[PDB]
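Figure: structure with S-thalidomide.
Numbering of chain A is taken from the PDB entry, so the residues present carry the numbers 19-123, in order. Indexing begins at 1, ligand by ligand and atom by atom, following the structure's order.
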Amino acid sequence: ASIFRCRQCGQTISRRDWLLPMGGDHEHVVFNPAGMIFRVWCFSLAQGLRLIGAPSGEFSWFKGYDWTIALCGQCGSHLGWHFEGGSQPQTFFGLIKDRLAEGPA
Ligand SMILES: O=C1CC[C@H](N2C(=O)c3ccccc3C2=O)C(=O)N1
Ligand SMILES: [Zn+2]
């Protein structure tokens, strides 16, 4: 199981080989201001998304990064966020682990 697809429609999104240990773990669990919990997996790279609007620094979970919502490009399901404007790396993807399906290439 080396590739991740959108759990709702099957759109190709990312790969196990593209997981990124930010802060020493690719997995981060975080809460938004509405108290929703997200088990976030960091990826260096993703595809098949649509990044919505312009970046925002408000409530950013990752120091020095601004965020844009990442929808599945096919079905519109909220898969995570694209993070940017930071350093080493300048950008990365934080994707919600239970909204993805993992399986064979
Ligand atoms: O790093 C992030 C990404 C965006 C995320 N976020 C949300 O998931 C959310 C839902 C409702 C209102 C405001 C927010 C918000 O800033 C958040 O809390 N931090
Ligand atoms: Zn989808």
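Within this structure, S-thalidomide can be identified as ligand 1.
Lab note: most contacts to S-thalidomide come from the chain the PDB entry lists as cereblon isoform 4. Against a heavy-atom cut-off of under 4.0 Å, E76 is close to the following atoms of S-thalidomide: 16 (O). The shortest contact between atom 10 (C) of S-thalidomide and any protein heavy atom is with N50 ND2, 3.3 Å.
Closest heavy-atom approach to atom 13 (C) of S-thalidomide among the candidates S78, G98, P51: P51. Contact annotation for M54 and S-thalidomide: no heavy atom of the residue comes within less than 4.0 Å of the ligand. Listed by atom number, the atoms of S-thalidomide under 4.0 Å from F101 heavy atoms are 1 (O). At a heavy-atom cutoff of 4.0 Å, S-thalidomide is contacted by both the backbone and the side chain of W79.
Applying the 4.0 Å criterion to heavy atoms of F77 picks out, from S-thalidomide, the atoms 1 (O), 2 (C), 16 (O), 17 (C), 18 (O), 19 (N). Residues of other chains with a heavy atom under 4.0 Å from S-thalidomide: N50, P51, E76, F77, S78, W79, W85, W99, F101.
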